[PDB]
Amino acid sequence: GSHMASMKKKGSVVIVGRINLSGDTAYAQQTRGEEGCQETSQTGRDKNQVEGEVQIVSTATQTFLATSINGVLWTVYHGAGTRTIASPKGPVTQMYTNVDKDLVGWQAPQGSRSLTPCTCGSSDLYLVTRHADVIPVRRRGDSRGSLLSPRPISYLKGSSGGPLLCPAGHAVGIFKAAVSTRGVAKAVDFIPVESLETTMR
Ligand SMILES: *[C@](O)(C(=O)NC1CC1)[C@H](CCC)NC(=O)[C@@H]1[C@H]2CCC[C@H]2CN1C(=O)[C@@H](NC(=O)[C@@H](NC(=O)c1cnccn1)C1CCCCC1)C(C)(C)C
Ligand SMILES: [Zn+2]
């Protein structure tokens, strides 16, 4: 048995900022502070204006990224689980959930802009991090790329759910995991955009 009246609900994922890629300079903007984020996670009611393609999102314990592609805001299952996302009308249920792909998605919030999937086949990629660094990555397989400049794994913490882009700024993948050796990230693992496209039909 258990006491049902005291069973808690998981909070919603909350948009707390964005990585601004609109100009000549990439930079992180915060749109909600910690107290606001906590309240909004509980109510699921977020009246803030959303802008841009890459959102900074938070659960109760973690902060990471979510990326709009083709009208869906995507992130990683290992970060978001099955959580709703906060919105002006209250919590919004996931439109896609796939633990096997490590992928989730919600309808893209009004005001967001979407990336278009890459069609050029370029293996010269750019990873956008949660601190708005744009890091060159050479594609090494369907779901792997090598960092041109290896970094401590700390550099990539919080970037899960962010985009890998081709030279034309189209979406190639969603960053999911670092391949690390003695704390140094030499490569990255990602969910290829073709996998998102199959999920969408
Ligand atoms: C991302 O979720 C994030 O931004 N999280 C912060 C809290 C909000 C995070 C970004 C990492 C820089 N991703 C992860 O933590 C992923 C997820 C994927 C499912 C489990 C976790 C683990 N993870 C990783 O990136 C890990 N990497 C690995 O487990 C790789 N293995 C190794 O690096 C390794 C090293 N020595 C011996 C054996 N293995 C594997 C390699 C094969 C492909 C998948 C990843 C860590 C260790 C956290 C970087
Ligand atoms: Zn492209």
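Using the PDB entry numbers, chain A covers 980-1180, in order. Both ligands and their constituent atoms are indexed starting at 1 by order of listing.
- The drug candidate or drug found at ligand 1 is named telaprevir (bound form).
- Close approach of telaprevir (bound form) to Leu1135 is summarised as follows: ligand atoms under 4.0 Å from at least one heavy atom of the residue are 10 (C), 12 (C).
- Ligand-side atoms of telaprevir (bound form) in range of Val1158: 33 (O), range being under 4.0 angstrom from any heavy atom.
- Lab note: covalent bond from telaprevir (bound form) modeled to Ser1139 OG.
- In the candidate list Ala1166, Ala1059, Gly1137, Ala1157, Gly1137 is nearest to atom 4 (O) of telaprevir (bound form), counting heavy atoms.
- The option from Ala1156, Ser1037, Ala1164, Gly1058 that lies nearest to atom 45 (C) of telaprevir (bound form), judged by heavy atoms, is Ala1156.
- Under a 4.0 Å non-hydrogen cut-off, the residues that form the binding site of telaprevir (bound form) are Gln1041, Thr1042, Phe1043, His1057, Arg1123, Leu1135, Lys1136, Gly1137, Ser1138, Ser1139, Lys1155, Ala1156, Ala1157, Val1158, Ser1159, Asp1168.
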